[PDB]
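I have placed the structure first, in the form of structure tokens, so that the comments after it can refer back to it.
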Amino acid sequence: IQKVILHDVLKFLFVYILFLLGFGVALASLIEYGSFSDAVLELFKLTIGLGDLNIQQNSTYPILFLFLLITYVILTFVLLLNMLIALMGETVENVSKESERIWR
Amino acid sequence: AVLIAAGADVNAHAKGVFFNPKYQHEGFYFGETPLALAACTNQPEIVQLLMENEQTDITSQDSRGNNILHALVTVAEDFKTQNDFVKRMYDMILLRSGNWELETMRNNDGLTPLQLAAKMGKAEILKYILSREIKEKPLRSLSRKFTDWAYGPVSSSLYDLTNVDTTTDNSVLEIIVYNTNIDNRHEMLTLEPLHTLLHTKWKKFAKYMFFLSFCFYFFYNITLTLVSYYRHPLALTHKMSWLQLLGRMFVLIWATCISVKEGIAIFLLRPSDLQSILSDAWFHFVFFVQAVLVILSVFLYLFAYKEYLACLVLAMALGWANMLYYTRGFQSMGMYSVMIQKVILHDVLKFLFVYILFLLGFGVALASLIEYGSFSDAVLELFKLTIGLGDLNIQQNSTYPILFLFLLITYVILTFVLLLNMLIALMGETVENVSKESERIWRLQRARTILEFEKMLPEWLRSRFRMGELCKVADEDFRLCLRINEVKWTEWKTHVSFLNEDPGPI
Amino acid sequence: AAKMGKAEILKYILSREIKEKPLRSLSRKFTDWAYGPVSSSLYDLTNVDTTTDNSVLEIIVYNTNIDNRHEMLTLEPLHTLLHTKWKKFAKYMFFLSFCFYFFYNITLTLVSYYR
Amino acid sequence: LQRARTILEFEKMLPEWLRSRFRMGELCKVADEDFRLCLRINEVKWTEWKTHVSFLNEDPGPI
Ligand SMILES: CCCCCCCC/C=C/CCCCCCCC(=O)O[C@@H](COC(=O)CCCCCCCCCCCCCCC)COP(=O)([O-])OCC[N+](C)(C)C
Ligand SMILES: CCCCCCCC/C=C/CCCCCCCC(=O)O[C@@H](COC(=O)CCCCCCCCCCCCCCC)COP(=O)([O-])OCC[N+](C)(C)C
Ligand SMILES: CCCCCCCC/C=C/CCCCCCCC(=O)O[C@@H](COC(=O)CCCCCCCCCCCCCCC)COP(=O)([O-])OCC[N+](C)(C)C
Ligand SMILES: CCCCCCCC/C=C/CCCCCCCC(=O)O[C@@H](COC(=O)CCCCCCCCCCCCCCC)COP(=O)([O-])OCC[N+](C)(C)C
Ligand SMILES: CCCCCCCC/C=C\CCCCCCCC(=O)O[C@@H](COC(=O)CCCCCCCCCCCCCCC)COP(=O)([O-])OCC[N+](C)(C)C
Ligand SMILES: CCCCCCCC/C=C\CCCCCCCC(=O)O[C@@H](COC(=O)CCCCCCCCCCCCCCC)COP(=O)([O-])OCC[N+](C)(C)C
Ligand SMILES: CCCCCCCC/C=C\CCCCCCCC(=O)O[C@@H](COC(=O)CCCCCCCCCCCCCCC)COP(=O)([O-])OCC[N+](C)(C)C
Ligand SMILES: CCCCCCCC/C=C\CCCCCCCC(=O)O[C@@H](COC(=O)CCCCCCCCCCCCCCC)COP(=O)([O-])OCC[N+](C)(C)C
Ligand SMILES: CCCCOc1ccc(C(=O)CCN2CCCCC2)cc1
Ligand SMILES: CCCCOc1ccc(C(=O)CCN2CCCCC2)cc1
């Protein structure tokens, strides 16, 4: 658990906040807002798994109000999380031969 | 030997088309002399027999301008094919000559044998030339590596930096970095006078110029966000003498200084290739896009054009994507961003083409039990379902109940069990192959950074940040050298070659 | 040897070079010229090309019994004989078959969507 | 193995006047009155140094 938090998880968080505060303030275009508390929260609730689509219905533009919402889902799910699993597999493979001595 | 001692000419020049081919399989370029042919086909006893003759002109030039030492560089290959002999023919011919006439000669491209091995990507001839130590007594000025002192298992050497540093145009360090043709550049930047010459540039000036470039681009995106969030936003055309008026000015000035600077570097750079944009000049375009969109949004507003808010959100949302560029100052975060590139190219672009084939395949063809405006709506009810939310009023208001799952189950089996789980299975294979190369392919990125900070320095400041020391390596031979220390426990010999009897730093 | 899947006897026969003087017509691989480390050879295509019925290239491809077919198609006159067919005619017939089946699904969708 | 079965089915649906134009091979003279239909492949080899006795042409090159 120690080798995964140091070598893998702390680098994931810096890249994700760069998009979460990147997209988050810059969503207040088709709906404006108090954006930094709210439009950041509507992109974090969407990442947990719940979602509220009344803001897409009450948008200035319909289906075009998916391009900043699709580009968020492509990066954070396909790209960033699946590359975390690909690096934890490399990290477990190197520490499994040393974990008996570094425990003792 | 019968023919030569009967009057045969030893200075012929085969000027044919077969000996000067256009393509590799149509002929054999060897150097157009009887001495280049005996050397390039591994016949060392005829090479000695031809140089002991007195009519042999060892300093002649053929149709390309090449001489005997340019010709051996051209036919040189790896260890897996030729195995030794070009490196052993190079110094047999060099030591017999006995001076710097062959090594300092320029062909019709204007290159020496040192610069031609770097232009063509020969990493085994170049390893030989840069660290060439000749320990004999009458021929020691033909060296590029000296020994300053030694005591026990402790030595101190002196490399030579005459054409391998960036004090002259078209040098060995510059050629390797800007060379888009060859593909083993990150195995030629680990060689011994070149590895330490980039490491010293980073600690003296180039890590401080890289922090100042990061602060000013960080403040450019904060100021562009705050004046656009607290609302036309920019340039404040109605003066109320407001303090912190610089924020509307600083965004406008700095967006012109990028667009001019990237207008040049796009115009000069053209290695015309699809591999060029994906590897070197991706960020030369996408800093030029943003600097246009800030300026063009101001020019739209001044007449009536009303599209002055579309560009500003594009200029802000792109302006935060670009700041992953600045991760290459740290080894930890830099190598991580390298593997983002290899995953987007090799894994993600192929996933998207197969998924849209089902998303527009199922999507229009769902309008059967519910009809619809299907292409906007029934496509959206299959993309909302993939995000994670779902709306089941259309299944209740279907023509057929539970049968309205077969096109909805066949969608979930493919996109979750099959397609996504095979993406993870391929990223594990892709990370495993690039993890051994990511340290060198990162250093090829940072080496191009250092050599562009050096060009934007005035001449009084180039002189202060400069490596090298004038040593005395022979009788009136003063060179500009670079000292590297070493500890070696395996070869025990007595020391005869040294520039100083008394060791130590002094 | 191709019907039964013997990839070591078949490697021997297809590239059989006999350099002796009285028995050289028993070869299936000749040397046209050579100069230094550069040569140019000539394979033989008498029963291994598809100009006759029941040939060596046809037998290996349509052979469902054996299981090492993809190790018999990498042998030296057969690897280059398929690569040349693809560049002359077979990559252009494969694009024309893709366009017409693409237009068949677009037209079948639009006439069924706009009822 | 998938693409090789594709090529050999496109070849069957060609008329006989068009088979003749797309055809590999060249009539060589490999012995006394032995004309065969051959396929030329080039090679570069740096490891075996021998002198050449077997060759159909003294004068090399494409011609
Ligand atoms: C805040 C979110 C909640 C998370 C919990 C709070 C976290 C608080 C933690 C704070 C500091 C972390 C613990 C100490 C780390 C020291 C070095 C280390 O071990 O890292 C190693 C891995 O490489 C990395 O982890 C790179 C660090 C990522 C930089 C992003 C900023 C901080 C990340 C934090 C969060 C991102 C959020 C970004 C928001 C601004 C470096 O490799 P090494 O094995 O040490 O090799 C020697 C390197 N050396 C030669 C240079 C010495
Ligand atoms: C001695 C003190 C006085 C010396 C003054 C001499 C004058 C020297 C300078 C002269 C001119 C510099 C050119 C910049 C032009 C304006 C800004 C601009 O538009 O360019 C660019 C920024 O470029 C930078 O701002 C980098 C910082 C360079 C300044 C050097 C600091 C002083 C030199 C002393 C150093 C010693 C320090 C160590 C001391 C121990 C903007 O583009 P970018 O996107 O930000 O760049 C990314 C490139 N990319 C697009 C390819 C991705
Ligand atoms: C114009 C923006 C593109 C958007 C769609 C994509 C279209 C084309 C896509 C093609 C996919 C395959 C090619 C990917 C790029 C080349 C490889 C690469 O460098 O990967 C980089 C991707 O880094 C990023 O993700 C940021 C760059 C912009 C992408 C959009 C991010 C969110 C934008 C928000 C919305 C804005 C919407 C746009 C507004 C108009 C990572 O680079 P690196 O390895 O970490 O650093 C070293 C790189 N080097 C060695 C090359 C120097
Ligand atoms: C649009 C969705 C948003 C995504 C962002 C926008 C993306 C815009 C990007 C556009 C072009 C991509 C960047 C340049 C790639 C050049 C070659 C390359 O590096 O790929 C490599 C990986 O192999 C592949 O990636 C295969 C490509 C998939 C084909 C699907 C169509 C386009 C994919 C895009 C999206 C799918 C959607 C489909 C909708 C129609 C090929 O391997 P290689 O290492 O180069 O080896 C040399 C190969 N060679 C010998 C032939 C030279
Ligand atoms: C662990 C580290 C990361 C933590 C998670 C990040 C999220 C943390 C979540 C909340 C943090 C704050 C808690 C209270 C919530 C808001 C109140 C507030 O003061 O916000 C102020 C800033 O909001 C703005 O001014 C919007 C403009 C963007 C600010 C600059 C861009 C930042 C991007 C670069 C950042 C540099 C670092 C980037 C790192 C790569 C004002 O808010 P407001 O606009 O007036 O509306 C809300 C006010 N209300 C509630 C009263 C209605
Ligand atoms: C230049 C690059 C070429 C591509 C075109 C990209 C441009 C955009 C693409 C399609 C837009 C279609 C029309 C909208 C723009 C017209 C202006 C407008 O009035 O709309 C408004 C919204 O404007 C926006 O902010 C756009 C919506 C999302 C922001 C950008 C993401 C879309 C980029 C997708 C492709 C990226 C590139 C694809 C490859 C990565 C702005 O003005 P407003 O009406 O005052 O504000 C509405 C609120 N109010 C009415 C209540 C006040
Ligand atoms: C978005 C949220 C941002 C929040 C922060 C996120 C952080 C990260 C995210 C992104 C940032 C990633 C890169 C930026 C860091 C700088 C570049 C760098 O490599 O750092 C270097 C130091 O950097 C320094 O120079 C130390 C600072 C003190 C002196 C600098 C003051 C200006 C120059 C003064 C003169 C003024 C001009 C002349 C006037 C007389 C690293 O050095 P190190 O770490 O100590 O050791 C590592 C080993 N290494 C060196 C081989 C790597
Ligand atoms: C990045 C690339 C992929 C992008 C994502 C894909 C989805 C992009 C999402 C939206 C894209 C368009 C945006 C506007 C929304 C619809 C408006 C419109 O003009 O659509 C028209 C086409 O719709 C039809 O005519 C339905 C019949 C199917 C079309 C042909 C099959 C396509 C499959 C093969 C495709 C070849 C390529 C396949 C690649 C492997 C008419 O629409 P409508 O039927 O009248 O109802 C909607 C009209 N309304 C809103 C006014 C009510
Ligand atoms: C201010 C909030 C900072 C929290 O920063 C993170 C938020 C979410 C994540 C996630 O990874 C989302 C979890 N996600 C994982 C995969 C399946 C569904 C849930 C990571 C960092
Ligand atoms: C016009 C829309 C094009 C977007 O094209 C994609 C949509 C979704 C995905 C996904 O991969 C869904 C994300 N999914 C990942 C696993 C857990 C839950 C979220 C990929 C491409």
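Residue numbering restarts at 1 for every chain, and letters A, B, ... go by the order of the sequence lines. Just follow the structure's listing: the first ligand is 1, and inside any ligand the first atom is 1. Displayed portion only: the contact tally does not extend beyond what is shown.
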- Of the candidates imipenem, clomipramine, niflumic acid, dyclonine, which one shows up at ligand 10? dyclonine
- Item | Heavy-atom contacts of dyclonine (ligand 10) under 4.0 Å: other chains | A, B
- Query: Taking heavy atoms under 4.0 Å, what residues and nucleotides bind dyclonine (ligand 10)?
  - Reply: A:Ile70, A:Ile74, A:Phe77, A:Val78, B:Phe351, B:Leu352, B:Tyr355, B:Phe383, B:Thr386, B:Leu420
- Query: What source species is given for chain B in the PDB entry?
  - Reply: Mus musculus
- What residue and atom does the deposited model show forming a covalent bond with dyclonine (ligand 10)? none
- Of the transmembrane segments of chain B in UniProt, numbered from the N terminus, which have a heavy atom nearer than 4.0 Å to dyclonine (ligand 10)? 5, 6
